[PDB]
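Fidarestat complexed to Aldo-keto reductase family 1 member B1, as determined in this entry.
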There are 2 protein chains.
Amino acid sequence: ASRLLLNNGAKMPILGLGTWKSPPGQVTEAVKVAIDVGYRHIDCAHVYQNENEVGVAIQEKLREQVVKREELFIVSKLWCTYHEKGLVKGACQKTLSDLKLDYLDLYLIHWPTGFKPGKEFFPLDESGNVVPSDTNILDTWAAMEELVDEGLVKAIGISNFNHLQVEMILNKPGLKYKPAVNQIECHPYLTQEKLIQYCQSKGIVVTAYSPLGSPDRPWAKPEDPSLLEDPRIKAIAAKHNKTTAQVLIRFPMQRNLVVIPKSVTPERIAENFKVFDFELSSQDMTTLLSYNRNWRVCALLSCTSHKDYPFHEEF
Amino acid sequence: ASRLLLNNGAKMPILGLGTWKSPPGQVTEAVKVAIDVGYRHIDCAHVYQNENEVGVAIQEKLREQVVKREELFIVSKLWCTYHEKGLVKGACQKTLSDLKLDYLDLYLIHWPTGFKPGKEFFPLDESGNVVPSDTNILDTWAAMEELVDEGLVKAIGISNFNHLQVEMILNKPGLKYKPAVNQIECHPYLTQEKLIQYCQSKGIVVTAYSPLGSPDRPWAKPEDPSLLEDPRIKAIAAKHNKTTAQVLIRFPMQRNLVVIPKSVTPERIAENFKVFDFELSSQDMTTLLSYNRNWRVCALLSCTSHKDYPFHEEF
Ligand SMILES: NC(=O)c1ccc[n+]([C@@H]2O[C@H](COP(=O)([O-])OP(=O)(O)OC[C@H]3O[C@@H](n4cnc5c(N)ncnc54)[C@H](OP(=O)(O)O)[C@@H]3O)[C@@H](O)[C@H]2O)c1
Ligand SMILES: NC(=O)c1ccc[n+]([C@@H]2O[C@H](COP(=O)([O-])OP(=O)(O)OC[C@H]3O[C@@H](n4cnc5c(N)ncnc54)[C@H](OP(=O)(O)O)[C@@H]3O)[C@@H](O)[C@H]2O)c1
Ligand SMILES: NC(=O)[C@@H]1C[C@]2(NC(=O)NC2=O)c2cc(F)ccc2O1
Ligand SMILES: NC(=O)[C@@H]1C[C@]2(NC(=O)NC2=O)c2cc(F)ccc2O1
């Protein structure tokens, strides 16, 4: 199955290109190659600091006629700093302006944690912790529903919301629109079994980010495990004659998740796409599921003491 | 959901109206009432022999501009006797003339076991066993695929096919169209766990039939079980204040199977549609799934010796 049906009836492609860490000059050729390769799903976000450059690529392919706008699935996110109702719309409008679009297929609240409104993405205080916003999660969803009603975003989702937080959006009195997706970190070390199960039971679509363990994350330490270099998984890639990266993408796909591997390497963007012609066995699925360490790659450490920090619960 | 997504773009209505056993003297009002109520999916077959009286109901509500052909999802199936590659094309046409439709949304090969061409639906040899045709299943699949190129049917599929029979069509050399749906028997007594997951893995939608156990089946014996009377199932219903039949239709929808209950009674047709306003619990589901006793209502016993009789394989 190449696409998942969402709540709004939209068909969301099961595989997308990640743009976090993709430098400005490199993201353009990368979005282009992706599209040429077959990727019709692209993952953006304001804090990634390259949406503008990503947009130039999509514009070039539409001009070149390789794609019609209704063939791509553009996703973006609301940074924790524009959580305050009156700031939401304006932020959506900047993402659209940069990407050079009329509407976003899906717009997500980037984190359950809202930050102090300001120029800087991470308004740190005197102890290295984030200066929290006053904002409550509900008004924000309410601010997000207004975008759908205005026809600026086809769908609205959540990202990094634990099952408790998810639940409250679901029970908010007078709810108009239901979370379409909940993009969460997921790979062999963070299998997210319970949360995936909850989201799916509530009809929400789960999108796995950092599928390859995010080798390039700024804070990586040369002592942490490395999924691309885990011998046990090289073992499985052997039997399929695919790369670990290909087996690390098939994995969430077979669990029914959208996967969004990142890469600015033309050769790799293609390698990551050839994953529709093979199947990890049931035991392969079972094997990779046992590799769980509850090991997070993106844990937003500066917000461990924020009222809405998502990761203190079991899920 | 309320409409599923097929491997061709289509979205198939989650609930349909069955028409096996509905006498022609009542199938027309049956369909008409169903449409009014809100059904946009009717399940038909040539062997049901009321395909003409169904067409009338369609034709009538279409002219009253109550619904558009664009909105309906009419389904029919190829009788065992037209398995010969030459007969397919015309058998389909016969269906379109009866139903008075210019194309079908989903046409299924009723059974994996074709019989000898003739005016009889069940050509019984001396011993009451039925006479088969030396036809080749992929070849029939070939004729089905041409209905799609021809523009006659929007999608094609299979019914009563085990995993080995399906898999042989998935590997067919130069396969143009792939099984959109697999209509199989499914209810608490025959839960269909292995096949159902085999299928959903292939991106093949499943359609459960005889969802209420088929109490009207000609071959019912007093000793046989009664899903609707089952006091255990009655308890789940009781809890949700809904009724057994409603519980039983909800059952497949929470497993991602479209379900097609049959009824020629306008009161039950309305009732059976009122199943989107409640939810069976994780336990209710576990409860209902454990009732399975590998009990089948449709076993095509006259074909147990047919080269292709589907029910010898585990799944
Ligand atoms: N909503 C959120 O809160 C959230 C959080 C985190 C991430 N995300 C989304 O998820 C995306 C994916 O996560 P991620 O960027 O952290 O990391 P990732 O995709 O797991 O890993 C990216 C790294 O893997 C390399 N790589 C990619 N394909 C490869 C291949 N076939 N062989 C070898 N190396 C390969 C990349 O190299 P090159 O780039 O050099 O090719 C890059 O160093 C993000 O970009 C973002 O769009 C969303
Ligand atoms: N592909 C295949 O091989 C295949 C095989 C069998 C069936 N099917 C399809 O699946 C459909 C459903 O299966 P089925 O006909 O075997 O039987 P079913 O749907 O399990 O049950 C039909 C019986 O249930 C009764 N009923 C319906 N709604 C009811 C309600 N709310 N309360 C109480 N009784 C209710 C009907 O009575 P009234 O009509 O008198 O109300 C009838 O006696 C078929 O009609 C056909 O379209 C496909
Ligand atoms: N440590 C974290 O959890 C986040 C992860 C995260 N990446 C991502 O895609 N979403 C994020 O919020 C991110 C992105 C940045 F541009 C800067 C920091 C940053 O840290
Ligand atoms: N015993 C069986 O398996 C089938 C079931 C079946 N009902 C059904 O919907 N599809 C079938 O083929 C059926 C329908 C008939 F009109 C006549 C006989 C008949 O027997």
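The chains referred to below are lettered A, B, ... by the order of the sequence lines, with proteins before strands, and numbering in each begins at 1. Just follow the structure's listing: the first ligand is 1, and inside any ligand the first atom is 1.
- Including duplicates, the parts belonging to fidarestat are ligands 3 and 4.
- Other chains, heavy atom under 4.0 Å from fidarestat (ligand 3): A.
- The PDB records the source of chain A as Homo sapiens.
- The closest UniProt active-site residue in chain A to fidarestat (ligand 3), going by heavy-atom distance rounded to 1 Å, is A:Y48, 3 Å.
- Counted by heavy atoms under 4.0 Å from fidarestat (ligand 3), the UniProt substrate-binding residues of chain A that qualify: A:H110.
- Heavy-atom distances show that, of the NADP(+)-binding residues UniProt gives for chain A, the following lie under 4.0 Å from fidarestat (ligand 3): A:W219.
- Binding site of fidarestat (ligand 3) at 4.0 Å (heavy atoms): A:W20, A:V47, A:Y48, A:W79, A:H110, A:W111, A:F122, A:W219, A:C298, A:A299, A:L300.
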